[PDB]
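Looking at a structure with danoprevir today.
Chains: lettered A, B, ... by order of sequence lines. The numbers used for chain A are those of the PDB entry, and the residues that appear cover 1-191, in sequence. Chain B uses the PDB entry numbers throughout; the residues present, in order, are 988-1182. So this one's X-ray crystallography, 2.3 Å, going by the header. Just so it is clear, the values below take in all heavy atoms, side chains as well, and ignore hydrogens, waters and symmetry mates. First listed ligand is number 1; within each ligand, the first listed atom is number 1.
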Amino acid sequence: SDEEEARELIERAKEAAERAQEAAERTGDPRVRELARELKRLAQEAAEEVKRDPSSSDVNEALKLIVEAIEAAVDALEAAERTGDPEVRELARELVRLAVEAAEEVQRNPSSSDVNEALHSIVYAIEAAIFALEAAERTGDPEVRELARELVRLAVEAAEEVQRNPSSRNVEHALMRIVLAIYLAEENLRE
Amino acid sequence: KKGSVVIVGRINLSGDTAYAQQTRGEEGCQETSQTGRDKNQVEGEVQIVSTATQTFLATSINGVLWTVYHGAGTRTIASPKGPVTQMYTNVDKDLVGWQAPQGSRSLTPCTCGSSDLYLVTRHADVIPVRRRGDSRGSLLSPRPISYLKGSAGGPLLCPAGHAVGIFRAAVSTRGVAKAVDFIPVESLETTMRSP
Ligand SMILES: CC(C)(C)OC(=O)N[C@H]1CCCCC/C=C\[C@@H]2C[C@@]2(C(=O)NS(=O)(=O)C2CC2)NC(=O)[C@@H]2C[C@@H](OC(=O)n3cc4cccc(F)c4c3)CN2C1=O
Ligand SMILES: [Zn+2]
(Lines of atoms letter the chains of each structure in order from A and count residues from 1; the text may use other names and numbers.)
(Lines give C-alpha, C1' and ligand atoms only; values in the text may rest on other atoms or scores of the structure.)
(Ligands and ions follow the chains in the order given, each with its own letter.)
Protein backbone atom coordinates (compact mmCIF):
# COMPACT_ATOMS: atom_id res chain seq x y z
CA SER A 1 0.00 0.00 0.00
CA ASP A 2 2.33 2.76 1.32
CA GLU A 3 5.47 1.72 3.30
CA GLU A 4 4.11 -1.85 3.16
CA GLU A 5 5.52 -1.97 -0.39
CA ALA A 6 8.99 -0.93 0.84
CA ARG A 7 9.05 -3.77 3.43
CA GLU A 8 7.82 -6.19 0.74
CA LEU A 9 10.75 -5.19 -1.48
CA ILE A 10 13.24 -5.66 1.40
CA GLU A 11 11.85 -9.20 1.93
CA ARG A 12 12.23 -10.01 -1.79
CA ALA A 13 15.82 -8.66 -1.71
CA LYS A 14 16.70 -10.83 1.33
CA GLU A 15 15.22 -13.97 -0.29
CA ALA A 16 17.02 -13.14 -3.54
CA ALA A 17 20.19 -12.69 -1.39
CA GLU A 18 19.64 -16.12 0.22
CA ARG A 19 18.95 -17.88 -3.13
CA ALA A 20 22.16 -16.27 -4.50
CA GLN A 21 24.04 -17.52 -1.40
CA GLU A 22 22.62 -21.06 -1.92
CA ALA A 23 23.75 -20.98 -5.58
CA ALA A 24 27.25 -19.81 -4.48
CA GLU A 25 27.61 -22.81 -2.13
CA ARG A 26 25.92 -25.58 -4.20
CA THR A 27 28.17 -25.08 -7.27
CA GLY A 28 31.66 -26.55 -7.74
CA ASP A 29 32.67 -23.59 -9.91
CA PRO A 30 34.63 -20.37 -9.06
CA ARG A 31 33.01 -18.60 -12.07
CA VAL A 32 29.47 -19.22 -10.77
CA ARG A 33 30.44 -18.49 -7.11
CA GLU A 34 31.67 -14.99 -8.00
CA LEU A 35 28.53 -14.18 -10.04
CA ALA A 36 26.31 -15.50 -7.27
CA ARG A 37 28.25 -13.38 -4.71
CA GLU A 38 27.81 -10.29 -6.91
CA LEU A 39 24.05 -10.97 -7.11
CA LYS A 40 23.84 -11.34 -3.31
CA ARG A 41 25.86 -8.08 -2.98
CA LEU A 42 23.45 -6.18 -5.24
CA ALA A 43 20.49 -7.69 -3.32
CA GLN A 44 21.83 -6.50 0.05
CA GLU A 45 22.73 -3.02 -1.30
CA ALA A 46 19.19 -2.77 -2.72
CA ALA A 47 17.72 -3.79 0.67
CA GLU A 48 19.92 -1.16 2.42
CA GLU A 49 18.98 1.66 -0.01
CA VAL A 50 15.27 0.96 0.60
CA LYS A 51 16.03 1.27 4.36
CA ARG A 52 17.64 4.71 3.79
CA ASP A 53 14.53 5.97 1.94
CA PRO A 54 11.60 3.89 3.34
CA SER A 55 8.83 6.43 2.61
CA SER A 56 10.16 7.31 -0.88
CA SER A 57 7.81 6.45 -3.77
CA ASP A 58 10.21 7.90 -6.41
CA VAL A 59 13.47 5.86 -6.40
CA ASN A 60 11.71 2.63 -5.23
CA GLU A 61 10.78 1.76 -8.87
CA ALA A 62 14.39 1.67 -10.15
CA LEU A 63 15.19 -0.61 -7.18
CA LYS A 64 12.13 -2.75 -8.02
CA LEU A 65 13.75 -3.41 -11.43
CA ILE A 66 17.11 -4.27 -9.76
CA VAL A 67 15.40 -6.83 -7.44
CA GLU A 68 13.53 -8.25 -10.49
CA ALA A 69 16.84 -8.46 -12.41
CA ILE A 70 18.51 -10.31 -9.52
CA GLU A 71 15.64 -12.80 -9.13
CA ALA A 72 15.71 -13.57 -12.87
CA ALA A 73 19.56 -13.79 -12.97
CA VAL A 74 19.51 -16.30 -10.09
CA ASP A 75 16.88 -18.33 -12.03
CA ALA A 76 19.22 -18.17 -15.07
CA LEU A 77 22.16 -19.31 -12.92
CA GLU A 78 20.11 -22.28 -11.57
CA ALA A 79 19.11 -23.23 -15.14
CA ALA A 80 22.75 -22.94 -16.35
CA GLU A 81 23.72 -25.34 -13.54
CA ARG A 82 21.27 -27.97 -14.91
CA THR A 83 22.50 -27.45 -18.55
CA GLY A 84 24.55 -30.30 -20.12
CA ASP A 85 26.35 -28.33 -22.86
CA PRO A 86 29.31 -26.20 -21.64
CA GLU A 87 28.97 -23.76 -24.60
CA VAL A 88 25.35 -22.97 -23.58
CA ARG A 89 26.45 -22.80 -19.92
CA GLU A 90 29.19 -20.31 -20.76
CA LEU A 91 26.69 -18.23 -22.77
CA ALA A 92 24.17 -18.24 -19.89
CA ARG A 93 26.84 -17.12 -17.39
CA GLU A 94 27.80 -14.27 -19.75
CA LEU A 95 24.18 -13.07 -19.83
CA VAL A 96 24.06 -13.09 -16.00
CA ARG A 97 27.40 -11.16 -15.98
CA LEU A 98 25.92 -8.54 -18.31
CA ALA A 99 22.83 -8.32 -16.07
CA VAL A 100 25.08 -7.63 -13.03
CA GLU A 101 26.79 -4.77 -14.98
CA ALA A 102 23.45 -3.33 -16.13
CA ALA A 103 22.07 -3.50 -12.56
CA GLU A 104 25.15 -1.63 -11.21
CA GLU A 105 24.60 1.06 -13.86
CA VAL A 106 20.94 1.49 -12.79
CA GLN A 107 22.01 1.77 -9.12
CA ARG A 108 24.67 4.38 -9.99
CA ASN A 109 22.23 6.38 -12.19
CA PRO A 110 18.54 5.49 -11.36
CA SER A 111 16.87 8.35 -13.33
CA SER A 112 18.48 7.65 -16.77
CA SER A 113 16.00 6.10 -19.23
CA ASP A 114 18.84 4.62 -21.36
CA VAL A 115 20.36 2.83 -18.37
CA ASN A 116 16.92 1.55 -17.27
CA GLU A 117 16.11 0.31 -20.80
CA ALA A 118 19.36 -1.68 -21.03
CA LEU A 119 18.54 -3.55 -17.79
CA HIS A 120 14.92 -4.14 -18.92
CA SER A 121 16.17 -5.65 -22.23
CA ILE A 122 18.53 -8.00 -20.39
CA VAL A 123 15.77 -9.17 -18.01
CA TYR A 124 13.51 -9.76 -21.02
CA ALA A 125 16.35 -11.80 -22.63
CA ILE A 126 17.03 -13.77 -19.40
CA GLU A 127 13.33 -14.83 -19.19
CA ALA A 128 13.55 -16.05 -22.80
CA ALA A 129 16.85 -17.84 -21.98
CA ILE A 130 15.31 -19.60 -18.93
CA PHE A 131 12.48 -20.94 -21.10
CA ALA A 132 15.03 -22.10 -23.72
CA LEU A 133 17.49 -23.74 -21.24
CA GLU A 134 14.64 -25.47 -19.39
CA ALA A 135 13.19 -26.80 -22.69
CA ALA A 136 16.68 -28.15 -23.70
CA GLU A 137 17.01 -30.03 -20.41
CA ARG A 138 13.42 -31.33 -20.33
CA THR A 139 13.61 -32.67 -23.93
CA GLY A 140 17.33 -33.67 -24.06
CA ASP A 141 16.90 -32.84 -27.75
CA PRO A 142 19.85 -31.64 -29.93
CA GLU A 143 17.75 -29.27 -32.03
CA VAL A 144 16.24 -27.63 -28.92
CA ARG A 145 19.78 -27.35 -27.53
CA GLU A 146 21.03 -25.54 -30.71
CA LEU A 147 18.01 -23.21 -30.65
CA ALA A 148 18.73 -22.43 -26.95
CA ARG A 149 22.36 -21.72 -27.88
CA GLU A 150 21.22 -19.38 -30.74
CA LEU A 151 18.87 -17.52 -28.33
CA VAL A 152 21.49 -16.93 -25.59
CA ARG A 153 24.19 -15.99 -28.15
CA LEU A 154 21.77 -13.43 -29.58
CA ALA A 155 20.98 -12.07 -26.11
CA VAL A 156 24.69 -11.69 -25.23
CA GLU A 157 25.42 -10.02 -28.64
CA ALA A 158 22.61 -7.48 -28.10
CA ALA A 159 23.61 -6.56 -24.52
CA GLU A 160 27.27 -6.00 -25.49
CA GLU A 161 26.35 -3.73 -28.42
CA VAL A 162 23.90 -1.78 -26.20
CA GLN A 163 26.85 -1.27 -23.81
CA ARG A 164 28.91 0.25 -26.67
CA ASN A 165 26.03 2.28 -28.20
CA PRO A 166 22.83 2.74 -26.02
CA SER A 167 20.66 3.39 -29.12
CA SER A 168 21.46 -0.09 -30.67
CA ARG A 169 18.25 -1.80 -31.73
CA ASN A 170 16.38 -4.47 -29.74
CA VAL A 171 16.28 -8.22 -30.37
CA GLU A 172 12.77 -8.90 -28.90
CA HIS A 173 11.29 -10.19 -32.17
CA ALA A 174 14.41 -12.28 -32.85
CA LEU A 175 14.29 -13.87 -29.37
CA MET A 176 10.53 -14.66 -29.60
CA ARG A 177 11.02 -16.26 -33.01
CA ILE A 178 13.34 -18.83 -31.33
CA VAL A 179 10.92 -19.30 -28.40
CA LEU A 180 8.23 -20.25 -30.93
CA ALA A 181 10.63 -22.58 -32.77
CA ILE A 182 11.56 -24.25 -29.46
CA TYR A 183 7.92 -24.54 -28.46
CA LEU A 184 6.96 -26.20 -31.78
CA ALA A 185 9.99 -28.52 -31.61
CA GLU A 186 8.97 -29.63 -28.11
CA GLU A 187 5.33 -30.12 -29.31
CA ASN A 188 6.51 -32.26 -32.25
CA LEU A 189 8.35 -34.54 -29.75
CA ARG A 190 5.09 -35.24 -27.84
CA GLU A 191 3.83 -37.01 -31.02
CA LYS B 1 -4.13 -32.14 -45.00
CA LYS B 2 -4.17 -29.47 -42.24
CA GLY B 3 -7.77 -28.92 -41.11
CA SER B 4 -9.68 -25.89 -39.88
CA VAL B 5 -9.73 -24.59 -36.32
CA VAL B 6 -13.05 -25.71 -34.77
CA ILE B 7 -15.23 -24.01 -32.14
CA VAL B 8 -15.92 -26.68 -29.50
CA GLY B 9 -17.34 -24.37 -26.82
CA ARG B 10 -17.72 -20.84 -25.50
CA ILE B 11 -17.42 -18.61 -22.44
CA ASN B 12 -20.10 -16.09 -21.51
CA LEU B 13 -18.79 -12.95 -19.75
CA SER B 14 -21.94 -10.74 -19.51
CA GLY B 15 -23.24 -12.55 -16.38
CA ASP B 16 -21.67 -11.58 -12.99
CA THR B 17 -18.57 -13.78 -13.64
CA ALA B 18 -17.49 -16.26 -16.42
CA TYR B 19 -19.62 -19.26 -17.54
CA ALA B 20 -18.26 -21.91 -19.96
CA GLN B 21 -20.21 -24.36 -22.19
CA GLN B 22 -19.14 -27.32 -24.33
CA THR B 23 -20.90 -27.39 -27.74
CA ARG B 24 -18.98 -30.15 -29.55
CA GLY B 25 -17.42 -33.48 -28.60
CA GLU B 26 -14.16 -35.03 -29.88
CA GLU B 27 -15.77 -36.94 -32.80
CA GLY B 28 -17.73 -33.99 -34.29
CA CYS B 29 -14.60 -31.82 -33.99
CA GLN B 30 -12.41 -33.91 -36.33
CA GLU B 31 -15.10 -34.25 -39.06
CA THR B 32 -15.80 -30.47 -38.86
CA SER B 33 -12.06 -29.78 -39.10
CA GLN B 34 -11.79 -31.75 -42.39
CA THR B 35 -14.83 -30.13 -44.12
CA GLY B 36 -14.37 -26.67 -42.59
CA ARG B 37 -18.17 -26.70 -42.35
CA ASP B 38 -19.75 -25.90 -38.96
CA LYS B 39 -23.45 -25.02 -38.80
CA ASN B 40 -23.62 -24.55 -34.97
CA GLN B 41 -24.88 -21.23 -33.64
CA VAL B 42 -22.13 -19.06 -32.19
CA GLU B 43 -22.69 -16.86 -29.14
CA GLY B 44 -20.55 -14.97 -26.64
CA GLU B 45 -17.28 -13.04 -26.55
CA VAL B 46 -14.91 -15.94 -26.00
CA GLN B 47 -14.81 -19.09 -28.11
CA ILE B 48 -13.20 -22.34 -27.04
CA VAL B 49 -11.27 -23.59 -30.08
CA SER B 50 -9.55 -26.79 -31.23
CA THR B 51 -7.02 -28.17 -33.67
CA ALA B 52 -6.39 -31.98 -33.85
CA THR B 53 -3.79 -31.70 -31.04
CA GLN B 54 -4.61 -28.64 -28.85
CA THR B 55 -7.49 -26.71 -27.28
CA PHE B 56 -7.26 -23.00 -26.50
CA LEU B 57 -9.26 -19.75 -26.58
CA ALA B 58 -10.28 -17.03 -29.01
CA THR B 59 -11.67 -13.62 -28.08
CA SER B 60 -13.85 -11.32 -30.19
CA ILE B 61 -12.76 -7.66 -30.06
CA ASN B 62 -13.75 -5.01 -32.69
CA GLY B 63 -15.58 -7.50 -34.94
CA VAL B 64 -12.54 -9.79 -35.13
CA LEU B 65 -12.03 -13.15 -33.46
CA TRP B 66 -8.43 -13.11 -32.22
CA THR B 67 -6.22 -15.95 -31.02
CA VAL B 68 -2.54 -16.97 -30.71
CA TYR B 69 -0.51 -17.98 -33.74
CA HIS B 70 1.29 -20.68 -31.72
CA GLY B 71 -2.05 -22.51 -31.48
CA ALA B 72 -3.83 -21.75 -34.78
CA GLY B 73 -0.88 -21.36 -37.18
CA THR B 74 -2.23 -20.19 -40.50
CA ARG B 75 -5.39 -22.32 -40.34
CA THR B 76 -8.81 -21.40 -41.64
CA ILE B 77 -11.76 -21.46 -39.19
CA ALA B 78 -14.78 -23.71 -39.78
CA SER B 79 -17.95 -21.69 -40.40
CA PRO B 80 -21.56 -22.11 -41.73
CA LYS B 81 -20.32 -21.22 -45.24
CA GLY B 82 -17.21 -23.44 -45.16
CA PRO B 83 -13.61 -22.63 -44.17
CA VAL B 84 -12.88 -18.94 -43.54
CA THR B 85 -9.40 -17.58 -44.18
CA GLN B 86 -7.61 -15.42 -41.56
CA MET B 87 -7.86 -11.64 -41.94
CA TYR B 88 -4.70 -11.00 -39.83
CA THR B 89 -1.59 -13.10 -39.35
CA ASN B 90 1.30 -11.65 -37.33
CA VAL B 91 3.85 -14.22 -36.10
CA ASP B 92 5.99 -11.49 -34.45
CA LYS B 93 3.05 -10.73 -32.11
CA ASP B 94 1.98 -14.40 -31.93
CA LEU B 95 -1.40 -13.09 -33.27
CA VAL B 96 -4.08 -14.16 -35.72
CA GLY B 97 -7.63 -13.05 -36.45
CA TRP B 98 -10.66 -14.12 -38.48
CA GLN B 99 -13.78 -11.99 -39.03
CA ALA B 100 -15.95 -12.56 -35.95
CA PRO B 101 -18.51 -15.33 -36.69
CA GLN B 102 -22.19 -14.40 -37.09
CA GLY B 103 -23.79 -14.42 -33.61
CA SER B 104 -20.66 -13.65 -31.58
CA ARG B 105 -20.37 -10.36 -29.67
CA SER B 106 -17.18 -8.32 -29.31
CA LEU B 107 -15.62 -7.03 -26.09
CA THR B 108 -15.02 -3.28 -25.87
CA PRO B 109 -11.32 -2.20 -25.60
CA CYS B 110 -10.40 -0.79 -22.17
CA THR B 111 -10.25 2.99 -21.85
CA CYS B 112 -10.09 3.18 -18.00
CA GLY B 113 -6.32 2.50 -17.71
CA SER B 114 -6.79 0.28 -14.66
CA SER B 115 -4.04 -2.03 -13.44
CA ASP B 116 -6.39 -4.56 -11.75
CA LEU B 117 -6.77 -7.15 -14.48
CA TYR B 118 -8.51 -10.52 -14.60
CA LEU B 119 -7.45 -13.40 -16.76
CA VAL B 120 -10.34 -15.74 -17.84
CA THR B 121 -9.26 -19.39 -18.22
CA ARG B 122 -10.69 -22.08 -20.46
CA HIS B 123 -12.49 -23.58 -17.41
CA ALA B 124 -14.04 -20.17 -16.58
CA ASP B 125 -11.72 -19.48 -13.61
CA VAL B 126 -10.90 -15.79 -13.09
CA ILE B 127 -7.30 -15.08 -12.06
CA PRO B 128 -6.24 -11.61 -10.83
CA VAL B 129 -3.30 -9.98 -12.57
CA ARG B 130 -1.60 -6.72 -11.65
CA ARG B 131 -0.59 -4.93 -14.88
CA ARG B 132 3.09 -4.00 -14.92
CA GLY B 133 3.84 -2.72 -18.44
CA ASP B 134 2.47 -2.74 -21.99
CA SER B 135 2.25 -6.54 -22.25
CA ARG B 136 3.08 -8.02 -18.79
CA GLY B 137 1.15 -8.62 -15.59
CA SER B 138 2.13 -10.08 -12.21
CA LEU B 139 0.21 -12.92 -10.61
CA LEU B 140 -0.80 -12.29 -6.96
CA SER B 141 0.45 -15.75 -6.01
CA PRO B 142 2.81 -18.13 -7.92
CA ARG B 143 0.81 -20.55 -10.06
CA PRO B 144 1.68 -24.01 -11.51
CA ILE B 145 1.64 -23.71 -15.32
CA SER B 146 -0.96 -26.48 -15.74
CA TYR B 147 -3.66 -24.04 -14.52
CA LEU B 148 -2.78 -21.65 -17.35
CA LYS B 149 -2.08 -24.08 -20.22
CA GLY B 150 -4.79 -24.10 -22.88
CA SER B 151 -6.01 -20.57 -22.00
CA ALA B 152 -3.86 -18.60 -24.51
CA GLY B 153 -6.08 -16.54 -26.81
CA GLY B 154 -8.27 -15.69 -23.82
CA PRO B 155 -9.06 -12.19 -22.50
CA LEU B 156 -7.54 -10.04 -19.83
CA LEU B 157 -10.33 -7.83 -18.54
CA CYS B 158 -10.38 -4.63 -16.48
CA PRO B 159 -12.73 -4.29 -13.39
CA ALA B 160 -15.46 -3.01 -15.79
CA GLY B 161 -15.15 -6.08 -18.07
CA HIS B 162 -13.44 -4.25 -20.97
CA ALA B 163 -10.66 -6.02 -22.89
CA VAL B 164 -7.08 -5.06 -21.96
CA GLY B 165 -5.37 -7.83 -23.93
CA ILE B 166 -5.17 -11.43 -25.19
CA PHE B 167 -3.30 -14.02 -23.04
CA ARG B 168 -0.12 -15.14 -24.88
CA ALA B 169 2.51 -16.67 -22.55
CA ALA B 170 3.35 -17.51 -18.92
CA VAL B 171 6.62 -16.20 -17.47
CA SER B 172 7.74 -19.29 -15.63
CA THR B 173 10.56 -21.01 -13.83
CA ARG B 174 10.42 -24.83 -13.30
CA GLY B 175 6.68 -25.09 -14.08
CA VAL B 176 5.76 -22.17 -11.78
CA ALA B 177 4.41 -18.95 -13.33
CA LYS B 178 4.85 -15.61 -11.60
CA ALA B 179 3.70 -13.33 -14.40
CA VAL B 180 1.75 -13.37 -17.66
CA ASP B 181 2.47 -11.95 -21.13
CA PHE B 182 -0.47 -10.69 -23.18
CA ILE B 183 -1.00 -8.97 -26.54
CA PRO B 184 -2.20 -5.46 -25.62
CA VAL B 185 -5.58 -4.44 -27.12
CA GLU B 186 -3.81 -1.46 -28.83
CA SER B 187 -1.72 -4.00 -30.80
CA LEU B 188 -4.81 -5.61 -32.38
CA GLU B 189 -3.94 -3.92 -35.68
CA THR B 190 -6.80 -3.85 -38.21
CA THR B 191 -7.12 -2.42 -41.73
CA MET B 192 -10.16 -0.91 -43.45
CA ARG B 193 -9.60 -3.04 -46.56
CA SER B 194 -8.03 -6.29 -47.68
CA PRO B 195 -6.78 -7.25 -51.14
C1 LIG C 1 7.66 -15.25 -23.31
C2 LIG C 1 8.51 -15.98 -22.27
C3 LIG C 1 8.80 -15.03 -21.11
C4 LIG C 1 9.83 -16.43 -22.88
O5 LIG C 1 7.83 -17.10 -21.67
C6 LIG C 1 7.32 -18.28 -22.37
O7 LIG C 1 7.55 -18.39 -23.57
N8 LIG C 1 6.63 -19.18 -21.64
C9 LIG C 1 6.05 -20.38 -22.23
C10 LIG C 1 5.80 -21.43 -21.13
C11 LIG C 1 5.23 -22.74 -21.71
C12 LIG C 1 4.52 -23.59 -20.63
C13 LIG C 1 2.98 -23.47 -20.63
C14 LIG C 1 2.49 -22.19 -19.95
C15 LIG C 1 0.97 -22.09 -19.88
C16 LIG C 1 0.20 -21.24 -20.59
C17 LIG C 1 0.73 -20.25 -21.61
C18 LIG C 1 -0.30 -19.30 -22.23
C19 LIG C 1 0.26 -20.44 -23.07
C20 LIG C 1 -0.80 -21.47 -23.47
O21 LIG C 1 -1.70 -21.76 -22.69
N22 LIG C 1 -0.75 -22.01 -24.69
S23 LIG C 1 -1.76 -23.05 -25.23
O24 LIG C 1 -1.51 -24.29 -24.50
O25 LIG C 1 -3.15 -22.60 -25.04
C26 LIG C 1 -1.41 -23.34 -26.84
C27 LIG C 1 -2.56 -24.04 -27.56
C28 LIG C 1 -2.32 -22.54 -27.77
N29 LIG C 1 1.36 -20.02 -23.92
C30 LIG C 1 2.37 -20.80 -24.26
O31 LIG C 1 2.48 -21.96 -23.92
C32 LIG C 1 3.45 -20.10 -25.03
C33 LIG C 1 3.80 -20.67 -26.40
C34 LIG C 1 5.28 -20.35 -26.54
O35 LIG C 1 5.42 -18.94 -26.74
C36 LIG C 1 5.54 -18.46 -28.10
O37 LIG C 1 5.53 -19.27 -29.01
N38 LIG C 1 5.66 -17.14 -28.27
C39 LIG C 1 5.86 -16.49 -29.58
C40 LIG C 1 5.81 -15.03 -29.24
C41 LIG C 1 5.90 -13.91 -30.08
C42 LIG C 1 5.83 -12.64 -29.47
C43 LIG C 1 5.68 -12.49 -28.08
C44 LIG C 1 5.59 -13.61 -27.23
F45 LIG C 1 5.44 -13.48 -25.91
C46 LIG C 1 5.65 -14.87 -27.80
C47 LIG C 1 5.58 -16.21 -27.13
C48 LIG C 1 5.81 -20.64 -25.15
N49 LIG C 1 4.71 -20.23 -24.28
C50 LIG C 1 4.79 -19.98 -22.96
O51 LIG C 1 3.88 -19.48 -22.32
ZN1 LIG D 1 -11.57 -0.55 -18.51
Enumerate the ligands or chains that make up danoprevir.
ligand 1
List the chief contact partner of danoprevir (ligand 1) in this entry, with the name from the PDB entry.
NS3 protease
Chains under 4.0 Å from danoprevir (ligand 1) (heavy-atom):
A, B
At a 4.0 Å heavy-atom threshold, which residues contact danoprevir (ligand 1)?
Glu127(A), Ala128(A), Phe131(A), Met176(A), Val179(A), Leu180(A), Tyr183(A), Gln1041(B), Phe1043(B), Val1055(B), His1057(B), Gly1058(B), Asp1079(B), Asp1081(B), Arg1123(B), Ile1132(B), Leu1135(B), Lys1136(B), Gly1137(B), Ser1138(B), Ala1139(B), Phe1154(B), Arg1155(B), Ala1156(B), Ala1157(B), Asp1168(B)
Numbered atoms and elements of danoprevir (ligand 1) in range of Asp1168(B), under 4.0 angstrom, heavy atoms
45 (F)
Should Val1055(B) be counted as touching danoprevir (ligand 1), given the test is an N or O pair under 3.5 Å?
no
Under 4.0 Å from atom 2 (C) of danoprevir (ligand 1), is there any protein heavy atom?
no
Can you name the atoms of danoprevir (ligand 1), numbered from 1 with element, that are less than 4.0 Å from a heavy atom of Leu180(A)?
37 (O)
Please identify which atoms of danoprevir (ligand 1) are closer than 4.0 Å to at least one heavy atom of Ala128(A).
4 (C)
Any idea which atoms of danoprevir (ligand 1) are less than 4.0 Å away from a heavy-atom of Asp1079(B)?
41 (C), 42 (C)
For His1057(B) and danoprevir (ligand 1), does the shortest N/O to N/O distance drop below 3.5 Å?
yes
PDB molecule name for chain A
Rosetta-designed danoprevir/NS3a complex reader 2
Identity and separation of the nearest protein heavy atom to atom 8 (N) of danoprevir (ligand 1)
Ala1157(B) O, 2.9 Å
Counting from 1, what danoprevir (ligand 1) atoms have a heavy atom of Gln1041(B) closer than 4.0 Å?
27 (C)
Do me a favour and list the nearest non-hydrogen protein atom to atom 48 (C) of danoprevir (ligand 1) with residue, atom name and distance?
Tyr183(A) CD1, 3.8 Å
Flag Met176(A) as yes when one of its N or O atoms lies below 3.5 Å from any N or O atom of danoprevir (ligand 1), and as no otherwise.
no
